[PDB]
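The block underneath contains the structure these notes are about, expressed in structure tokens.
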Amino acid sequence: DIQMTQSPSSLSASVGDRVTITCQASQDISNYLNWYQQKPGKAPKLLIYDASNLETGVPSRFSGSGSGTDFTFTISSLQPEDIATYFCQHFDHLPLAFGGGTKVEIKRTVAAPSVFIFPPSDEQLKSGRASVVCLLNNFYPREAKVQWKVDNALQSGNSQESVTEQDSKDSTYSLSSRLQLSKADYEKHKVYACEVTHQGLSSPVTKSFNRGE
Amino acid sequence: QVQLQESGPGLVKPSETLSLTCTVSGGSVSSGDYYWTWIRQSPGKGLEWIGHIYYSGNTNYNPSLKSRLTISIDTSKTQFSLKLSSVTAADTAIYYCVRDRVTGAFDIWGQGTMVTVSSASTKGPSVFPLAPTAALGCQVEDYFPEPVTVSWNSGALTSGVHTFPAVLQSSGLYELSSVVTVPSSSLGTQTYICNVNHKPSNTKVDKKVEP
Ligand SMILES: [Br-]
Ligand SMILES: [Br-]
Ligand SMILES: [Br-]
């Protein structure tokens, strides 16, 4: 029962950087070591087998090396579509086991989000619920603060956020914040405001609407 | 080029048996070069090798799942199956069927299938429009379990589309949005339909979004 330790658990590097992640087996496994890449929403894909053999149909920038107990996976030049979680896998003896995984995100220039606020449709209100949705589109870094104001009153504990994985083309994130209410509570107020704080916005951006208008 | 694909229930009750089937299409399962394998992935135990079966009828299984595991093969239908007995919530995971070279390499995976262990029954999603470059979308909520697939105009519209990870509601059901940005001039001419598919309940909803 081998223990596979990957280092680091996550990292961010700029395009063109040489990324190196390590996999340490708890005992000697010779070159019985494979490397996998799991892009967002996909199953892992085989990149390196036998610790250093490049799989057919894989770009040359990927490679592996090492034997015995220490193995290093390397991306010679990090590319925008190389964002994924990378796993090492031993086949020294059954059972076969994977590592914890190394999430590789990409450092790019700052980008302010495009903000949009969506009042709940009259169709949703007929069901009895009311979700006020605020959209933050194509920003970096991932960190963003969204504060909800209802008649200039800060809300807390009644909103949920959801962010996409980093885009494989422009390395940006998109985020969705929803103020989850009932029809009864939603129709007791008029002004519903979405305030956004982000590293790319010199001043915070508020997007609001009056209920109905 | 061989393709693998899993089929079976996305929702199974506790103490019930989880039955999954892999359909190997394009190639023969009666090949000596490969081991027909199952692998699952969940937040509590990461990627986990479950076991495999050889085309000669021999299996192996992971000792952690030695008790409740049964992997069969069907050369007549080019299928191999998985059975997990008396499941618990700890068995909730994405399950993959995988081709493993005898030399040792998972070189072909299935897309994976989400399995939730729950006493609750399935429920189809409610879909509501997010009306108006300009941003529009669809509000998909009140469904269980994961997942749901959202496409726009039957796949013709894919650029700028963002389908967000679902969050939980107070009801315990899921909720997400799928948005797409379009030029503001297209709002008078182009129609935008979001295609919501929820397999665990066999629910398909097409919703028109208009200004
Ligand atoms: Br082996
Ligand atoms: Br989803
Ligand atoms: Br039905």
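Chain letters follow the order of the sequence lines: the first is A, the second B, and so on. We number chain A the same way the PDB entry does; the residues here are 1-213, in that order. The numbering of chain B matches the PDB entry: 1-132, 141-219, in order. Heads up, header says this was done by X-ray crystallography, 2.3 Å.
Lab note: of panitumumab, dostarlimab, ustekinumab, epratuzumab, drug at chains A and B is panitumumab. The name that the PDB entry gives to chain A is ADI-64596 Fab light chain. The name that the PDB entry gives to chain B is ADI-64596 Fab heavy chain.
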